[PDB]
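Caption: PDB structure containing salicylic acid.
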Amino acid sequence: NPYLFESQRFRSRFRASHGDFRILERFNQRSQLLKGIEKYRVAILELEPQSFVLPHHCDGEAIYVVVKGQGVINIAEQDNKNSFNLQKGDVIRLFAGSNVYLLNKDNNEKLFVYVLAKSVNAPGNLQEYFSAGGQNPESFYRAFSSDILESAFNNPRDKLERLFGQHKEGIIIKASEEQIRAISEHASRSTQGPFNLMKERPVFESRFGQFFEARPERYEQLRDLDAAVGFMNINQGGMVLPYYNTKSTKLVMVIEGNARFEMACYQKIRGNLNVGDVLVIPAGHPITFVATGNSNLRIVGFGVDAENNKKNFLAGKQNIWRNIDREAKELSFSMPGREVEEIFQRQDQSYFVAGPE
Ligand SMILES: O=C(O)c1ccccc1O
């Protein structure tokens, strides 16, 4: 499967000492049929307890989704400052060129952030510009002549030289309570910000699973990217009835449990998905997920071209076939209509059912 990007294809970019930040492969290079998502790049940013990513800004519109833990983020713009703290499931939209720094304010729990970002300069070409740092990573402030910086900051080429250079530790370093308590107090708000993935009722739900989806049609933050952050919660031993998306290519990744998937291309692409593995579900392709293991099945994913995207189910009480009449069913499968109608209808459940034990 060219759609299957295992967790091992996440390329850790910078020398990150405490935790690390990993960029997944370009979707188009592995097999040039994933070119609708060629401008899109997915990443996974990982923060150990009491860590801290140096303030930077990416060229490209981003979307942070918190998968594990909690922490504090700070978005800095030319004439605007905002400090939010996030829990599990919180989605927040990062705009291009905006400066950002994170921190794991938890002393035992770890910080996992599932990240989406679309290019703006060259299709897929994504770069992080670090205003902080020293030698690791370089600070773009060291790409300017000393007399330029000396004339910009009004400072001799000594204090600036010792400032932007004297810094050894990587992107993610350790923070301390005297720093955190102040940082988290800037974040402490009263009475755009983040929104949890369960801010809504499940778009679809059964006694065996739930599906939450943040949509551009509701959340303004998502209208620019035309992206939807759906979250699919399958219960132990359960499954999603085979369905397909109308126009949205999804970039889905397992965050809890082991998922067994099958999908039509019609080549039958099958596989197993562990936590951290990425699967791409292009638009129109049917697919099903099954919880395989003692654990549950929680699995999150971004969706591009999200506006007006529906889900059409191919089985269950509410599938597309009820909206196809009897005679068309006869011509379709070359059997009596009341006979195939009694095949499609003897599943009383609609979206999530019991997977094969
Ligand atoms: O197929 C989807 O639309 C989807 C969206 C978000 C998470 C998991 C998913 O399968």
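Index from 1, following the sequence. For this deposited structure, the header notes the method as X-ray crystallography, 3.3 Å. Note that ligands are numbered from 1 as they come in the structure, with each ligand's atoms numbered from 1 the same way.
- In the deposited model, most contacts to salicylic acid involve the chain that the PDB entry calls Vicilin.
- Neighbouring residues of salicylic acid under 4.0 Å (non-hydrogen atoms) are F211, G230, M232, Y243, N245, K250, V252, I281, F289, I299, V300, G301, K311.
- The PDB lists the organism for chain A as Solanum lycopersicum.
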